**Q** 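Sharing a structure with you now.
Reminder, nothing fancy here: chain letters follow the sequence lines and each chain counts from 1. Order of appearance sets the numbers: ligands from 1, and atoms from 1 within every ligand.
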There are 4 protein chains.
Amino acid sequence: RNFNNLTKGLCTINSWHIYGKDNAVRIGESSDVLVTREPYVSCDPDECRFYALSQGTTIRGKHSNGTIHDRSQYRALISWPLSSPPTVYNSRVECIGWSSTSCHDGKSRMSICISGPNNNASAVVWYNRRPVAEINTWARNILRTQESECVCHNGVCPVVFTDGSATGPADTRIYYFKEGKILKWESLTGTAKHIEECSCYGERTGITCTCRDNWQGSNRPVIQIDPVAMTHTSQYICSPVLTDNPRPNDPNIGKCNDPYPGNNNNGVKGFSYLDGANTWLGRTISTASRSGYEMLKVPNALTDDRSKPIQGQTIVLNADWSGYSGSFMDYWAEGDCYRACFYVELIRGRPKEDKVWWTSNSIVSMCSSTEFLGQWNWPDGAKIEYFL
Amino acid sequence: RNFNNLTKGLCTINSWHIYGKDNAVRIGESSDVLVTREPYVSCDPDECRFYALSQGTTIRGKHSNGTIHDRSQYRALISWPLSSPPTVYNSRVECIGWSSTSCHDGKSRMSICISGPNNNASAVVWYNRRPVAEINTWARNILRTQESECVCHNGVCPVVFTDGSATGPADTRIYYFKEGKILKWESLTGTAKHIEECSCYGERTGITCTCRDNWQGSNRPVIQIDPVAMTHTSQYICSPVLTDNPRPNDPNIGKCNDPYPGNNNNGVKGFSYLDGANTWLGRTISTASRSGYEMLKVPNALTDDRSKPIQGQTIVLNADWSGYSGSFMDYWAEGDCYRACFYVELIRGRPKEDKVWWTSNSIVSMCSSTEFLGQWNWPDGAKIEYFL
Amino acid sequence: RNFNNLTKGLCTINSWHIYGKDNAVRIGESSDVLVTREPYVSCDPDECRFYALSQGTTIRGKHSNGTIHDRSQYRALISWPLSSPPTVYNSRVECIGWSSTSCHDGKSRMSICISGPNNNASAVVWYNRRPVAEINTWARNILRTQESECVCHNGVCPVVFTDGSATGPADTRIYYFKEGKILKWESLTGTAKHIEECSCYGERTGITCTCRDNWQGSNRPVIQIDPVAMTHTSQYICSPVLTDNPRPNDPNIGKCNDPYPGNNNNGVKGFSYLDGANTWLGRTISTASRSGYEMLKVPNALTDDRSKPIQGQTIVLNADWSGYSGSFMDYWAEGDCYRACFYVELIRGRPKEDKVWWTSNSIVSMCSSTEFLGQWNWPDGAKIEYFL
Amino acid sequence: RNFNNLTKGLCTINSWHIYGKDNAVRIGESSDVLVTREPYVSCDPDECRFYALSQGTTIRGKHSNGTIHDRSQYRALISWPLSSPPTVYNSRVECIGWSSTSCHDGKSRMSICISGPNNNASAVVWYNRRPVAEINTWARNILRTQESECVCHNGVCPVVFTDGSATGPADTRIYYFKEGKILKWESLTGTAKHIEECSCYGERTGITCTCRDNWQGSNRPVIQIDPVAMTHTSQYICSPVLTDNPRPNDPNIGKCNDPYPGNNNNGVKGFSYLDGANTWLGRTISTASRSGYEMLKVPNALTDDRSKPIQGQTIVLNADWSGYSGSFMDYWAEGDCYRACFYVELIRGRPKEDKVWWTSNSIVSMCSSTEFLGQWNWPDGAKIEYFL
Ligand SMILES: *[C@@H]1O[C@H](CO)[C@@H](O[C@@H]2O[C@H](CO)[C@@H](O[C@@H]3O[C@H](CO[C@H]4O[C@H](CO[C@H]5O[C@H](CO)[C@@H](O)[C@H](O)[C@@H]5O)[C@@H](O)[C@H](O[C@H]5O[C@H](CO)[C@@H](O)[C@H](O)[C@@H]5O)[C@@H]4O)[C@@H](O)[C@H](O[C@H]4O[C@H](CO)[C@@H](O)[C@H](O)[C@@H]4O[C@H]4O[C@H](CO)[C@@H](O)[C@H](O)[C@@H]4O[C@H]4O[C@H](CO)[C@@H](O)[C@H](O)[C@@H]4O)[C@@H]3O)[C@H](O)[C@H]2NC(C)=O)[C@H](O)[C@H]1NC(C)=O
Ligand SMILES: *[C@@H]1O[C@H](CO)[C@@H](O[C@@H]2O[C@H](CO)[C@@H](O[C@@H]3O[C@H](CO[C@H]4O[C@H](CO[C@H]5O[C@H](CO)[C@@H](O)[C@H](O)[C@@H]5O)[C@@H](O)[C@H](O[C@H]5O[C@H](CO)[C@@H](O)[C@H](O)[C@@H]5O)[C@@H]4O)[C@@H](O)[C@H](O[C@H]4O[C@H](CO)[C@@H](O)[C@H](O)[C@@H]4O[C@H]4O[C@H](CO)[C@@H](O)[C@H](O)[C@@H]4O[C@H]4O[C@H](CO)[C@@H](O)[C@H](O)[C@@H]4O)[C@@H]3O)[C@H](O)[C@H]2NC(C)=O)[C@H](O)[C@H]1NC(C)=O
Ligand SMILES: *[C@@H]1O[C@H](CO)[C@@H](O[C@@H]2O[C@H](CO)[C@@H](O[C@@H]3O[C@H](CO[C@H]4O[C@H](CO[C@H]5O[C@H](CO)[C@@H](O)[C@H](O)[C@@H]5O)[C@@H](O)[C@H](O[C@H]5O[C@H](CO)[C@@H](O)[C@H](O)[C@@H]5O)[C@@H]4O)[C@@H](O)[C@H](O[C@H]4O[C@H](CO)[C@@H](O)[C@H](O)[C@@H]4O[C@H]4O[C@H](CO)[C@@H](O)[C@H](O)[C@@H]4O[C@H]4O[C@H](CO)[C@@H](O)[C@H](O)[C@@H]4O)[C@@H]3O)[C@H](O)[C@H]2NC(C)=O)[C@H](O)[C@H]1NC(C)=O
Ligand SMILES: *[C@@H]1O[C@H](CO)[C@@H](O[C@@H]2O[C@H](CO)[C@@H](O[C@@H]3O[C@H](CO[C@H]4O[C@H](CO[C@H]5O[C@H](CO)[C@@H](O)[C@H](O)[C@@H]5O)[C@@H](O)[C@H](O[C@H]5O[C@H](CO)[C@@H](O)[C@H](O)[C@@H]5O)[C@@H]4O)[C@@H](O)[C@H](O[C@H]4O[C@H](CO)[C@@H](O)[C@H](O)[C@@H]4O[C@H]4O[C@H](CO)[C@@H](O)[C@H](O)[C@@H]4O[C@H]4O[C@H](CO)[C@@H](O)[C@H](O)[C@@H]4O)[C@@H]3O)[C@H](O)[C@H]2NC(C)=O)[C@H](O)[C@H]1NC(C)=O
Ligand SMILES: CCC(CC)O[C@@H]1C=C(C(=O)O)C[C@H](N)[C@H]1NC(C)=O
Ligand SMILES: CCC(CC)O[C@@H]1C=C(C(=O)O)C[C@H](N)[C@H]1NC(C)=O
Ligand SMILES: CCC(CC)O[C@@H]1C=C(C(=O)O)C[C@H](N)[C@H]1NC(C)=O
Ligand SMILES: [Ca+2]
Ligand SMILES: [Ca+2]
Ligand SMILES: [Ca+2]
Ligand SMILES: [Ca+2]
């Protein structure tokens, strides 16, 4: 087997087709389905799987009580077959912790999980299902990482980490791993002022990450990584089509090098594909809460501070709960281009649905089509009253 | 591995032997068994599996309430090991949607699922577990396909699709795929006046599909496909042994080129093996409802409008519920001939059993024997009262 | 891969060690464990598995009600990993039916299941997980077979079948299969007067089967099969140590060529290893019912009508329920000899425990040791009151 | 494949990172999780798995009542995927019995299970999933072994056994196996006065086992084994940092060649890594009961009767229940050194929590880091009240 190289461009995105959906909460009403949050999708050369942070209990289990909590000793990164739900009997534990990323380099998979108390957290880097390297907290304030897949080129897999305040200046680092070993790390440079939960994808130009400014900005920070030189730059998406949540209404001029103001100390993990005229942005439909999800085609969104949508597709209706979203691609698929994909976390339970005492989610995922396909909407589909 | 070629004739059919049965509803009374409908069977070169459309809930789950509904966002084509039931923990999702077909070409499996609202549905074609091609609705009225396996020759896999009215003239197309890519499609030609849910099988002469005229006819439409030239013809089974349900009583003269009248705007998916003197037809025993199932040997049924049975075999008693039926064969079996097989969907719950709020099914399947074997009958076997 | 040849003798049997035990009824009190009966054990070249006839329901399921019944459309031969219980999610269906045998020939596994009504039953012979040959009833009275593994030599696998009365003269046949095809069959010859449920094992001398005379005899019939010439002989175990159940007390002179009288129209499946001075017989401890199990070393039991035990080992206490027993060996194990093994079916529920409405079992199995090992006893271990 | 050779030293231990945790009791509150005790961890060349002694029932099952009991016919050594819980559907039975060890030699795995009544117990040695050799009790008083993994060098796998009194002089033997065959055994020599439940690890110097003196000593006995010459020596850990439980308070002078007095007729399975200045000892935090767990760096603990800690790490808070602990390493990992690992059994239920009628456990495991990582604490995490 050989290391995968990023040698293709993105396929032209004219619409999005359904890729996967696990209906986990519906099924977990009467099955041994693990409580999760922070899901994602990641491909091996022979298989694509769903990933998430388990809470170490099933939904019907009494220990689901209190699972709105983020960081406990009972969490772990699990993976399971595409569009199956995460069950006790089919979920594979990748590592123990409450913040994670994972990616295949063409030869083997690297998985990273962070665990610990707020002031003493540490990352363990697994490669080919064995622990290889460990990284101690550098700011002693919740060391944390992407919550979606990383991307590799010629064996080098960059990962974005943050340690420090979630509502002020923090210490973000980009690490470059190979076979789980640390080749290099560097402090964040560029004009992004705060970085959380980067969603990344790779193509021939390099690796692109769209992140979450949890401090002052409702536009999204972008980090662009050269995996060969192992260097990066950062800025914001220039477009006035703002894609964080909550957020102000869309103005007519965006901000390329500073946070767009109006909403502070909150946000949601999200993603974009930035590819000139082939640029598509994801966002919640609501500006106030994690409900709805849409994709909008916004030409040159990265660089054009006047850019507006010329096409779009509704993924989840505003009436339905959404949540985290992130990017992934099947780098091992046949063809001359990489087909853009994404997932949306469909959060059920607390805080928005507090008649139950748990918080969990299901997953919906889509990939791009060169056809102009009809659109549906894709809700979680569970009836909360059934759990009372 | 090589593409499979259709190089054999059908084995002589002198009776039918039990092949598989999953007892899904019996088991699902007290196990995590997925609610399904529209099942079928399809073989890989190394394994044969059951397939069906899950409803994204177990039978005992509260979300089974309302599963008489056909098209929701919570459906998916799943597959699972022969004669096991479709459980949450053993079912593999092939793709997301509410109408499907699937077949192995000798090298890899193609699966097609259609999803969307009635006026904006789209098919995604998967090959070797990856999405490859997409087809948007052409008539904007429930794009839909076979609900049983397709058949391949030298890598070419024809599939029958319909889009448009289910009770009037519609737009039927035959698509020819190879490795999931569209080689060609063509509009339906011939004398069949309406096409739904084709059940197909292949042999050296070509591919034969027996379908459902949901409009005016109670005889079944037949499409005969040449997978090399990628062309087809269509007509009806000429025999006065009528095999749709509901249906008029058997007359003494059938219709080769037009619907046999008496019952409109309904029908059921079914199948036949049309092979001269080796011809066998399947049908429900009842002329009014989906109950019972029998196989009847009717020589030259395809071409002889006077043909009557000379032999038969009861599969399911008239006292027991049946449902959809379709054809499949193990093209990779040893020997000088292809052994004809079929499945019968045994529907339980609504609309016929409305004391429960769900609709599901189990599966029974048979293959042909050159012996004259004794016959049994094969009911679903669940006691509905247990679910109250 | 090559066909296995029977080239070794039996290992010297000085005691028996625990081999496997699934505790199925204990576990099935609170797990999705299938109701079964008629279990056995059979080895592949790379794995050994438990086998049994499922009743198509779990024990806690309401459909377990009435499972004392022998022959329904909901039964199937299943196999599952050694010492695991037969669960809905781990059991592999081998074929559909209510009487079975199975064995590996070194290259692939043959499995045979019989299904049908009493007067029209038929066997389907599966080889390498595909149906290959079918055999219709010849006496129209419950065609039936071994209920434990068959044995193969150089690809030839003999199987004993009976069709006809269970309480009078019947039509027993020995079939010789290769790759699932019928090479030959022959009517029973020799002095055995009635044959049921043969337990067989192979070694360099040939294949030895110990069966159940359900008509007049409480000594066990023996069939000795030459798998090369494809011929056989039959007689009874000469020893006055009688091993059927129920049975008279042990006399001082046995019967080699006729049934030992006293008990009619009943019996139980059992086994023996007949190997000169290395001869061991299994039997229930009770002479009246299926309770207890012991192994007794009885030199030349096959040929010596005065032979008595010189050593023994208790397997299950008389206070605990037993049931069917049969032989198997791991023909693919390392060494210069074949290690004798057996299983005992531990029946729980009806008819003996009628406070529950079901009948099921667990399995215990042992293999021989050349050491003189201490003995334990091995009960099913479930508390029936827990199921009320 | 080749036999593994112990050719490396231990990696430098500067802290411990989380390796695995199954949260079994939390999950088993509402899932089919087997009741267990005496767990451990052991690696194959391609996978690492959790191991334990099942009680042949799930926790929610009524048969969990009375599982404080040590030795029944319903126990078996099971293994299951790393950090998954031991479920009915994912647990693989290695052998039947109530005391065990297991290890991979580089080619195949050897597993040993002991079963029987107190006065007639016997060990069966499995190699490559087949029984190979058997060992009868020599002292007729609960033949018993390590309860954690053994270690192999060039195919030779030493195992420590004890037979006889648990509260007085007993007959301890060291057996040397290869491919499951007994190469040699020898009676215990050296100054250790009583040996139970040895935890072992291997490196280039040889095999080191830290055991439990259940008779008079609260310091731990050590057996050092040369797997090439197949000889051993024994003594105690000289350090006054006492590591058995219960135990006296730490004095300032330890005992190298006799039990340190104060606590009699009790103890707990534990472990240490004895490696000069790289020496780390594990122990419960409490001196009275199995609660808490800590690792302490104690230079030359084996040989220095004045040695005290210079570094440490809390694993489980004193407020939380612990239990057995033992050593294992991934001998097949990449690198120039063996990374020390261990597990801690987290016992829940009886005797300490008697509002429930069962006794079970979950597992936490750690490996060493050359970094100085922040520490967390790792409780079982189940709420006992949920089970009432
Ligand atoms: C079957 O399926 C198919 C396939 O899905 C369905 O077809 C799809 O239909 C949907 C729904 O209509 C479309 O999505 C919308 O797309 C438009 C963009 O396309 C329009 O505008 C284009 C650009 O026009 C501008 O430039 C051109 C020059 O290039 C110039 O000529 C023009 O005058 C103008 O200057 C047009 O090019 C385009 O026309 C083309 O396409 C037409 C079909 O759509 C076709 O008919 C034409 O002939 C031509 O070919 C078209 O006019 C998006 O603008 C829109 O997204 C906005 O609206 C939705 C609500 O619906 C909202 O959620 C979005 O967030 C967004 O609106 C917010 O953001 C804006 C930007 O900041 C802002 O300006 C808005 O005020 C609004 O802001 C508010 O809400 C947000 C979100 O909550 C909040 O954050 C803000 O603060 C604020 O509160 C949709 O994405 C698909 O594109 C279309 N697909 C295809 C292939 O056709 C079909 O309908 C289905 N059939 C059936 C029967 O159902
Ligand atoms: C153990 O197992 C074995 C193996 O399964 C069992 O043996 C089987 O038994 C079953 C049940 O009897 C048989 O199925 C029936 O087969 C007959 C056809 O065979 C008969 O007719 C043949 C043709 O005769 C015609 O042509 C010949 C010239 O070739 C001429 O000589 C003759 O006079 C006539 O002109 C005969 O050749 C054949 O004889 C042969 O076989 C005999 C054994 O069967 C043997 O004894 C003979 O010696 C000779 O070898 C035999 O006479 C089918 O006609 C029949 O199917 C009809 O009836 C069932 C109800 O039972 C119904 O459900 C079917 O739909 C069908 O009847 C409907 O359709 C007809 C056609 O339109 C119509 O005319 C009817 O009025 C009826 O229509 C009504 O109902 C339908 C359905 O609801 C509705 O849609 C309509 O609108 C309307 O309301 C059976 O399939 C097996 O063939 C047989 N198998 C074997 C190998 O023998 C055995 O019984 C078991 N043993 C025990 C102890 O149980
Ligand atoms: C730790 O574990 C070890 C290993 O398991 C335990 O040791 C085992 O202990 C058990 C239980 O005692 C033994 O099983 C019994 O074996 C005897 C046979 O061995 C005895 O007899 C031998 C033959 O003697 C005859 O020939 C010799 C010449 O060769 C001659 O010298 C002699 O006088 C006589 O003529 C002796 O050779 C043998 O001695 C040897 O072994 C001794 C140890 O056992 C040793 O001490 C000696 O020094 C010497 O080495 C020994 O005396 C079986 O006969 C017996 O089976 C019968 O009894 C049980 C009930 O216990 C019953 O269930 C059986 O069915 C059977 O009895 C029925 O059938 C008989 C035959 O028809 C009939 O005659 C009986 O009347 C009876 O029939 C009634 O019941 C049946 C069944 O319900 C019914 O069908 C009938 O109709 C009727 O109602 C046991 O199998 C093991 O052999 C022994 N193993 C070893 C390796 O030692 C040890 O105990 C454990 N330790 C502890 C502390 O627990
Ligand atoms: C983020 O995470 C990091 C990483 O985990 C955290 O840092 C860790 O913090 C923990 C907790 O403090 C430390 O564990 C303790 O380690 C000490 C040993 O280190 C101390 O002592 C060393 C030796 O000093 C001696 O020799 C030197 C010469 O070499 C001489 O100079 C000195 O004067 C003295 O003679 C020092 O070298 C060492 O200093 C170094 O490290 C310091 C950081 O720790 C640093 O600040 C210094 O600059 C320098 O670099 C340090 O002083 C252990 O002694 C201790 O274990 C004892 O105490 C715990 C309770 O806390 C107890 O459970 C243990 O069992 C043990 O105490 C029992 O046993 C003793 C031995 O018999 C006995 O003497 C005690 O009385 C006691 O006995 C009683 O209890 C037991 C158990 O119940 C019972 O059996 C008895 O009968 C009796 O009842 C801890 O293990 C880590 O080492 C440290 N790790 C690192 C890398 O720094 C950090 O805190 C986290 N951050 C935050 C914000 O939370
Ligand atoms: C601690 C900062 C971080 C980013 C803003 O908070 C998160 C936001 C959450 C959210 O906004 O839904 C859920 C996360 N699991 C969480 N990460 C951790 C490690 O707890
Ligand atoms: C929409 C037309 C179509 C064919 C008549 O209806 C079907 C008949 C059904 C039936 O007659 O049982 C069930 C089907 N799942 C269905 N197909 C879809 C896509 O909903
Ligand atoms: C029909 C005769 C046969 C042998 C005596 O009866 C059996 C005895 C039984 C028994 O004695 O327990 C159970 C069997 N499952 C059964 N076989 C069939 C095919 O029903
Ligand atoms: Ca923000
Ligand atoms: Ca019709
Ligand atoms: Ca009898
Ligand atoms: Ca002690």
**Q** Report, using the naming of the PDB entry, the chain with the greatest number of heavy-atom pairs under 4.5 Å to ligand 7.
**A**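 The largest contact count goes to Neuraminidase.
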**Q** Looking at ligand 7, what drug do we find there?
**A**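 The drug is oseltamivir carboxylate.
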**Q** Return the chain letters whose heavy atoms come under 4.0 Å from oseltamivir carboxylate (ligand 7), other chains only.
**A**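 Chains with a heavy atom under 4.0 Å: C.
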**Q** I need the residues around oseltamivir carboxylate (ligand 7) for my notes - heavy atoms within 4.0 Å, please.
**A**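 Heavy-atom contacts: C:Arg37, C:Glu38, C:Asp70, C:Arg71, C:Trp98, C:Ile142, C:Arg144, C:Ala166, C:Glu196, C:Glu197, C:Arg212, C:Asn214, C:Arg290, C:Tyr324.
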**Q** Please indicate whether any nitrogen or oxygen in C:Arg290 is less than 3.5 Å from any nitrogen or oxygen in oseltamivir carboxylate (ligand 7).
**A**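 Right, the criterion is met.
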**Q** C:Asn266 versus oseltamivir carboxylate (ligand 7): do any nitrogen or oxygen atoms come within less than 3.5 Å of each other?
**A**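 Between C:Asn266 and oseltamivir carboxylate (ligand 7), no N or O pair is found under 3.5 Å apart.
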**Q** Do any N/O atoms on C:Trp98 end up under 3.5 angstrom from N/O atoms on oseltamivir carboxylate (ligand 7)?
**A**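 So oseltamivir carboxylate (ligand 7) has no N or O lying under 3.5 Å from an N or O of C:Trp98.
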**Q** Any nitrogen or oxygen of C:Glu38, main chain or side chain, under 3.5 Å from a nitrogen or oxygen of oseltamivir carboxylate (ligand 7)?
**A**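 Looking only at distances, the answer is yes, because the N/O contact criterion of under 3.5 Å is met.
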**Q** What atoms of oseltamivir carboxylate (ligand 7) come closer than 4.0 angstrom to any heavy atom of C:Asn214?
**A**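 Every atom of oseltamivir carboxylate (ligand 7) under 4.0 Å from some heavy atom of C:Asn214: 5 (C).
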**Q** Polar-atom distance check: C:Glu197 versus oseltamivir carboxylate (ligand 7), any N or O pair below 3.5 Å?
**A**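 Checking oseltamivir carboxylate (ligand 7) against C:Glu197, no N or O pair falls under 3.5 Å apart.
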